[PDB]
Structures are given as structure tokens and as C-alpha cells.
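See below for the structure under consideration.
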Amino acid sequence: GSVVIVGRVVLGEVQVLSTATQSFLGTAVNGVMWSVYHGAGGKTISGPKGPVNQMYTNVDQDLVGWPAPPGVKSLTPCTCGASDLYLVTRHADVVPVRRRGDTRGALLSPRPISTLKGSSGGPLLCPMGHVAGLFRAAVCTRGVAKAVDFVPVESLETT
Ligand SMILES: CC(C)(C)[C@@H]1NC(=O)O[C@@H]2CCC[C@H]2OC/C=C/C(F)(F)c2nc3ccccc3nc2O[C@@H]2C[C@@H](C(=O)N[C@]3(C(=O)NS(=O)(=O)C4(C)CC4)C[C@H]3C(F)F)N(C2)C1=O
Ligand SMILES: [Zn+2]
């Protein structure tokens, strides 16, 4: 009934989040751990200090957020306007992406969908290591990922 922190990806650190049936990622920005609604639902984030309710919940945008747990450092938002980005997966893979719009990025080389599965909520990073977006969905054809869809970092604000 809650989301648990089961691991992390060391870049800053991306959180590996899991429910009873699904595992995905969480990215802390502006004091908030952001993730995807299709993974966490409206569930709380659990831990030794007790469950903590989501402070942001947007079903339409597939975006949820909790107050950053103690110790979860926030990543710096990208302000350099880069279009050459890097998707960080739950396996610590860093996949180059060319931004082609406000929420879309093309992959330089198609990757099987199985290799991106479970990395929703992970960050897209600019060449400076700053978070430009948050992995939400993949453009899939013949089971091969050719592009990604992400929540822009600008939408990851407190209010
Ligand atoms: C074909 C496909 C790849 C399955 C699918 N593509 C797709 O739909 O592309 C279209 C065209 C371009 C953008 C997108 O427009 C529709 C928007 C979908 C959405 F994302 F906004 C979304 N909003 C929701 C809001 C509320 C409740 C449920 C929602 N469900 C959604 O979408 C669903 C979920 C999302 C997903 O699987 N994301 C990833 C992932 O890893 N998840 S996960 O960790 O393993 C896991 C399931 C444990 C949590 C990162 C991609 C990985 F697999 F590469 N989906 C389906 C897809 O990506
Ligand atoms: Zn940047």
C-alpha cells in the first residue's frame, strides 16, 4: 500500500522506488522527490520515520511528488538550455537523447523497450549534470524505443 526506497543510482543519486508489483525511479528536485503516477499512484512513501503523504499529485501529467526523504539530496535544474541530454536508467545506463521539443527527445540509436522498462521517474541530464526533465513514456515501434517523452524540469516546482 506504500512506496519503498529499495536502492539508488549514483550519478547526485536517483532513487529506486518499488511497490508490491512495480519498480521505477524517483528524482529529487527543489526539495521534492518526483516520480510517475502510473508507478506510485497516490501512495505514500514509507520508511523508518513513518509514511509520508504525497504533496503533489497530477494524474493528467502522470506526475507525483513527496517531500524529499531525509538524506535525499535534490539535483540541480538545468538552466543552460541544452538539447543534448542523457537518460539515466535504473541499471545506471546513460542513454544520449536529442531534445526535439518541450517534452520529447529522440534517441541517437534505438534501444529495446526492455532496457528502458522500469526507469520512469529517472532524470534526463544535460552535459553539466543538471536535470532537464523526468522520464515518463517512450515512443515505441516494433518493440524498439526510438524517442522518449518526459516532464520538463520547469514543471517540477514547489507550487
Ligand atoms: C508503449 C509504452 C512504452 C508502454 C508507453 N508509451 C506511450 O504511451 O507513448 C505515448 C506516445 C509518446 C508519449 C505517450 O503518450 C501517452 C502518455 C502516457 C503517459 F506516460 F503519460 C501515462 N500517463 C498516466 C497517467 C495516469 C495513469 C497511468 C498513466 N500511464 C501512462 O503511460 C503508460 C506508462 C508509460 C511507461 O511505461 N513509461 C516508462 C516506464 O519505464 N514505466 S515503468 O517504470 O516500467 C512502470 C510501468 C512501473 C511503472 C518510461 C517507459 C519505458 F518503458 F520506456 N507508458 C504507458 C509508455 O511509455
Ligand atoms: Zn544544463
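The residue numbers of chain A are those assigned by the PDB entry, with the residues present covering 990-1000, 1031-1178 sequentially. We read in the header that X-ray crystallography, 2.3 Å was used to get this structure. For ligands, and for the atoms within them, numbers begin at 1 and follow the listed sequence.
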Select, from teniposide, glecaprevir, milvexian, the drug or drug candidate present at ligand 1.
glecaprevir
Going by UniProt, what is the chain that binds glecaprevir with the most atom pairs under 4.5 Å called?
Genome polyprotein
Closer than 4.0 Å and a protein heavy atom, does any atom meet both conditions relative to atom 50 (C) of glecaprevir?
yes
Given the protein's heavy atoms, is any one of them under 4.0 Å from atom 40 (C) of glecaprevir?
yes
Protein heavy atom under 4.0 Å of atom 4 (C) of glecaprevir
no
Glecaprevir contacts in chain A: dominant UniProt domain
Peptidase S29
Is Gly1140 near glecaprevir, meaning one of its heavy atoms is under 4.0 Å from it?
no
Please report whether atom 15 (O) of glecaprevir has a protein non-hydrogen atom at a separation of less than 4.0 Å.
no
Which glecaprevir atoms, with their elements, are less than 4.0 angstrom from a heavy-atom of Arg1123?
12 (C), 13 (C)
Measuring from atom 19 (C) of glecaprevir, which candidate in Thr1122, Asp1081, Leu1082, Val1170 has the nearest non-hydrogen atom?
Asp1081
Can you tell me which portion of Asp1168 lies within the under-4.0 Å heavy-atom range of glecaprevir? Options are side chain, backbone, both, or neither.
side chain
Is there a protein heavy atom less than 4.0 Å away from atom 12 (C) of glecaprevir?
yes
Which glecaprevir atoms are under 4.0 Å away from a heavy-atom of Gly1058?
49 (C)
Return yes when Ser1138 approaches glecaprevir closer than 4.0 angstrom through a heavy atom, no otherwise.
yes
Give yes or no for whether the N/O distance cutoff of 3.5 Å, strictly under, is met between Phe1154 and glecaprevir.
no
Does the protein put any heavy atom within less than 4.0 Å of atom 47 (C) of glecaprevir?
yes
Considering the heavy atoms of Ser1042, write down every atom of glecaprevir situated less than 4.0 Å from one of them.
44 (O), 48 (C)
Could you pull out, from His1057, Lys1136, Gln1041, the option with a heavy atom nearest to atom 30 (N) of glecaprevir?
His1057
Which other ligands or ions, by number and name, fall under 4.0 Å from glecaprevir?
none
Counting from 1, what glecaprevir atoms have a heavy atom of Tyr1056 closer than 4.0 Å?
26 (C), 27 (C)
Glecaprevir versus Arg1155, non-hydrogen atoms closer than 4.0 Å: side chain, backbone, both, neither?
both
Could you tell me whether atom 32 (O) of glecaprevir has at least one protein heavy atom nearer than 4.0 Å?
no
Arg1109 near glecaprevir by a heavy-atom separation under 4.0 Å:
no
Working on a figure here: which residues of other chains come under 4.0 Å of glecaprevir (heavy-atom distance)?
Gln1041, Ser1042, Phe1043, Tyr1056, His1057, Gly1058, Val1078, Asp1081, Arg1123, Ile1132, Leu1135, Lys1136, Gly1137, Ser1138, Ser1139, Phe1154, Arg1155, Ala1156, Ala1157, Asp1168
